[PDB]
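BMS-986142 bound to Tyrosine-protein kinase BTK.
Residue numbers count from 1 along this sequence. Both backbone and side-chain heavy atoms feed into the values below; hydrogens, waters and symmetry mates do not. Counting starts at 1 for both ligands and their atoms, in listed order. According to its header, this structure was worked out by X-ray crystallography, 1.5 Å.
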Amino acid sequence: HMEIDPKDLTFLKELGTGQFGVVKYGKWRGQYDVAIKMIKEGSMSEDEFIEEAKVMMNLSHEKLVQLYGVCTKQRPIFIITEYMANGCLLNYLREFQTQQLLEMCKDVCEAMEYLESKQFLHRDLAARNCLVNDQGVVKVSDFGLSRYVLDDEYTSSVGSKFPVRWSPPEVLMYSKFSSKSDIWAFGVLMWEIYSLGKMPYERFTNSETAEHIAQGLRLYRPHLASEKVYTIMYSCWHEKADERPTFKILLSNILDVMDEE
Ligand SMILES: Cc1c(-c2c(F)cc(C(N)=O)c3[nH]c4c(c23)CC[C@H](C(C)(C)O)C4)cccc1-n1c(=O)c2cccc(F)c2n(C)c1=O
């Protein structure tokens, strides 16, 4: 537990509004640049999140957005994190050489291999919650947070905000989350990266996407992805969770394609 005193925070710029409300840029104890997420009441199970936040502090990796602490002796609670000046990867992609696109995949895969080693599920990996720092390094953010979301539009499988397009068959059929459902989502993320932020299965509704996936249909090769890169993303989408690679394997596959291309 790392309780941050709000008196040690400054509020310097408004970054916008996310799923949980207002996000600000500020400084913590004049030392760290931070993002301050102000968690609107009724949007998150705070008690359950606060228990898990102690586990989230201990997660430390260069490619994971660092949790610095929380402000919980008030409502709304604040989540204090590492500041990523270029915002989310989806908007960064939408605003590159093929080598830079693979380095973005490598960055995320390093973070995911670390989470996989800690048996910590992200649960909602996608370009919208990967963040980009001032040097163009991509880092994974909001890992594990979707388990504490209270809005039905995000939690229900038929909700308007459920990430159907990033979900494997066992999630759509049984809500069975595992390291292998994070692998599936990672493949969709690689597709997003190589498609410069296009929506996956854009031609389909969420209901039509679940049906397409049930028939064995998969996302097509983006033109910026080579055959070797597409083989990696496609390996993430095996119908059987047990036949999907680990993040450890994926990272080795990515490093091989980099050295070769
Ligand atoms: C990421 C995000 C943040 C956000 C955050 F949380 C954490 C940090 C960090 N740790 O530093 C952070 N840093 C910056 C932002 C930001 C935003 C951009 C800033 C600049 C300086 C570049 O203007 C820099 C804040 C509000 C909304 C969203 N946001 C989006 O911007 C977004 C887009 C498409 C699609 C989506 F789904 C999106 N969603 C849902 C969403 O929450």
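The parts of the structure that belong to BMS-986142 are ligand 1.
Between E82 and BMS-986142, at least one pair of N/O atoms sits closer than 3.5 Å. Of the residues that UniProt lists as binding dasatinib in chain A, those with a heavy atom under 4.0 Å from BMS-986142 are the following: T81, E82, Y83, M84. Atoms of BMS-986142 found under 4.0 Å from any heavy atom of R128 (numbered from 1 in listed order, with element): 36 (C), 37 (F).
Taxonomically, the PDB assigns the source of chain A to Homo sapiens.
Most of the interface of chain A with BMS-986142 sits in UniProt domain Protein kinase.
When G16, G21, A85 are ranked by how near their heavy atoms come to atom 22 (C) of BMS-986142, first place goes to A85. With a 4.0 Å cut-off on non-hydrogen atoms, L131 touches BMS-986142 through its side chain and not its backbone. Atom numbering of BMS-986142 starts at 1 in the shown order; those under 4.0 Å from a heavy atom of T81 are 10 (N). Taking only non-hydrogen atoms, the option from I80, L90, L89 nearest to atom 35 (C) of BMS-986142 is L90.
Within the listing of BMS-986142, atoms 42 (O) sit less than 4.0 angstrom from a heavy atom of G18. The shortest heavy-atom distance from BMS-986142 to a UniProt active-site residue of chain A, with that residue, is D124, 8 Å. This entry records no covalent bond between BMS-986142 and any chain. Filtering the residues that UniProt lists as binding clofedanol in chain A by heavy-atom distance under 4.0 Å from BMS-986142 yields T81, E82, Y83, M84. Listed by number with element, the atoms of BMS-986142 under 4.0 angstrom from any heavy atom of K37 are 6 (F). The binding site of BMS-986142, defined by non-hydrogen atoms within 4.0 Å, is formed by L15, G16, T17, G18, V23, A35, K37, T81, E82, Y83, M84, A85, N86, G87, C88, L90, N91, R128, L131.
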